[PDB]
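Below: the structure, in C-alpha cells.
Throughout, numbering of the chain's residues begins at 1 and tracks the sequence. Recorded method for this deposit: X-ray crystallography, 1.8 Å. For the numbers below, each heavy atom of this structure counts, side chains included, while hydrogens, waters and symmetry mates do not. Counting starts at 1 for both ligands and their atoms, following the listed order.
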Amino acid sequence: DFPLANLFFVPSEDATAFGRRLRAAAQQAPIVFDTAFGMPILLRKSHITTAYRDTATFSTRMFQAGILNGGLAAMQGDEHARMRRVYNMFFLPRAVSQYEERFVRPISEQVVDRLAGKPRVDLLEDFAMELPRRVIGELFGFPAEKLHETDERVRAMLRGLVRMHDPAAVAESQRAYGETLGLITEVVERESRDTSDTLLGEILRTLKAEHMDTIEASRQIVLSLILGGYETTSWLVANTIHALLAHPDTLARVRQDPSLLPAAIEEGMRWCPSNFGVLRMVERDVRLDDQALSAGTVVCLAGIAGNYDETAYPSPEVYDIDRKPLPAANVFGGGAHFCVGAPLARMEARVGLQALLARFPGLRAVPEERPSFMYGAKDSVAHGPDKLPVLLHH
Ligand code: HEM
Ligand SMILES: CC(=O)[C@H]1CC[C@H]2[C@@H]3CCC4=CC(=O)CC[C@]4(C)[C@H]3CC[C@]12C
C-alpha cells in the first residue's frame, strides 16, 4: 500500500543520521510502512498536524491493548481531560520551580560530586541515567537504587508499547510489568498513607479528593513517573550533553553563559532527537490527501521528519544554538496528549548540565572513543548513544 522502509534500527557514529534518514524518507513519500515497527509511519507535516488535532479520528486507544490500560495516556475525551487536569497541577510553572529549588538542584550537585576523583567516566550511565532516576526516587520517597534495579524491566515495558504488533515485545512488556508490580504496589501503599510527605503522596491525595484513587489509577501514576520521568528523560539529557561535547566551542560558550542552556536543549532536540514522535490509532477510514488509512490501524506520527527540513532550518546538519526562533520540539507529541512531564524534563536537563559544566572546566569527550547512535540504543526505545566517555580534568 505504502512503500516499505527501515527507519529505526540503523547504527551510525553520526548523531545526525537519524534525523537525516527521516527527512529523506519524507521527501520520497508521505507515509511509509516500517518493516521493524510493523505499521505505517506518517512523515508529512500537514498530515501530522491534522492527526494531532483530530482526536476523534486519531485516538490513543491502542494503549488500551497493553500495560498502560487504565492510565492517563489510554484515556479519551472527557475521561482523559479530567485526569489530565489532575496531572497538570503538578507540572505548573511554579510547581516546577519548587522542584528545581527543593530537589533537582541539590540532587544534580550530588550526582556531579560522585564523578569526582576519576580521570574519566561515562556520562551516559553515571550522569544522564543517574540524575533522572534520583529525582524520581525523591518524588516517591524511595532510594534510587530500587529504581536502578528495574532498568531491564522498564525498557522491556517500553519496547512492547512501541512495537505493539510484535508478540515477543508485547509479551516481554506484560511480563516485565508483572515483575515490577510488587515494587509499584509497595510504593503506592506507603505513599497512600496519611503519613506520606512525598510529592507522590500529594498526587495520590488529589486523586483521593476526586474519588479517582482506585488501585489501578494509583499504580498507573507510579508507572508513568518511571517510564517517562526516569527512562525517557535520561536520553534527552544524554543527547544534549553529546551535542555539547561534539561542539567544544559551543560547550565553552554555554559554561561561560549558562543562560544559553535552554537554547542548547531545544536545538539538541532538533539536531539529535531522542524520540521520533507518537503512536495513534485510526478510528475510522480516513483519506489524507491521496493517502488512505483503514479503521483500526495503529500508526506512528514521526514529527521529527521536519527537523532536517532545510527550508525551515538552514544548514540543518549544524548544531546551532543561535537559531531564531528556536526550533519547535517534536519529541513530546502534540494535541491533547502532549507530554505533561515535559516541563520537568526540560528543567532537569538545564539544572543538571549547569552543575556538570560548572564543576569540570576541563570536560571533553574521550577523543578516541566514538559513540554509536541508534534508535534502540541499549535496548531502549530512544535514539541515543551507547556511551558518552569523557575526561574531566586537563
Ligand atoms: C525527554 C523526556 C520525555 C519525552 C521525550 C517524553 C515524550 C512523551 C511522548 C511522545 C508522549 C506521548 C504524547 C502524545 O501521545 O501526544 C508522552 C506522554 C506522557 N508523558 Fe512524557 N516524555 C518525557 C518525560 C516525561 C516525564 C518527566 C514525565 C512525568 C514526570 C512524563 C509523563 C508523561 C505522561 C503522564 C504522558 C501521557 C500524557 C497524556 O496522554 O495526556 N513524561 N511523553
Ligand atoms: C519512543 C518514545 O520515546 C515515545 C513514543 C511514545 C511515548 C509514550 C507514550 C505513553 C506514555 C505515557 C506515560 O504515562 C509515560 C510515558 C509514555 C510511556 C511515553 C514514553 C515515551 C514514548 C514511548
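The main partner of ligand 2 in this structure, judged by heavy-atom pairs under 4.5 Å and named as in UniProt, is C-19 steroid 1alpha-hydroxylase.
The drug observed at ligand 2 carries the PDB name progesterone. Put simply, part of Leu68 is less than 4.0 Å from progesterone, judged by heavy atoms. Annotation: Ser274 places no N or O atom under 3.5 Å from an N or O atom of progesterone; distance criterion only. Within a 4.0 Å radius of atom 4 (C) of progesterone, the protein has at least one heavy atom. Per the deposited entry, no covalent link of progesterone reaches a chain. Among the heme b-binding residues UniProt records for chain A, the set within 4.0 Å of progesterone by heavy-atom distance is empty. At least one heavy atom of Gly277 lies less than 4.0 angstrom from progesterone. Not a single heavy atom of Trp235 sits closer than 4.0 Å to an atom of progesterone. The binding-site residues for progesterone (non-hydrogen atoms, 4.0 Å) are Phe63, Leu68, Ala73, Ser224, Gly228, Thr232, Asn275, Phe276, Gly277, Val381.
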Write none if no such pair exists; otherwise list each N/O atom of progesterone with its protein N/O partner under 3.5 Å and the distance.
from, atom 1, to, atom 2, distance (Å)
progesterone, 3 (O), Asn275, OD1, 3.2

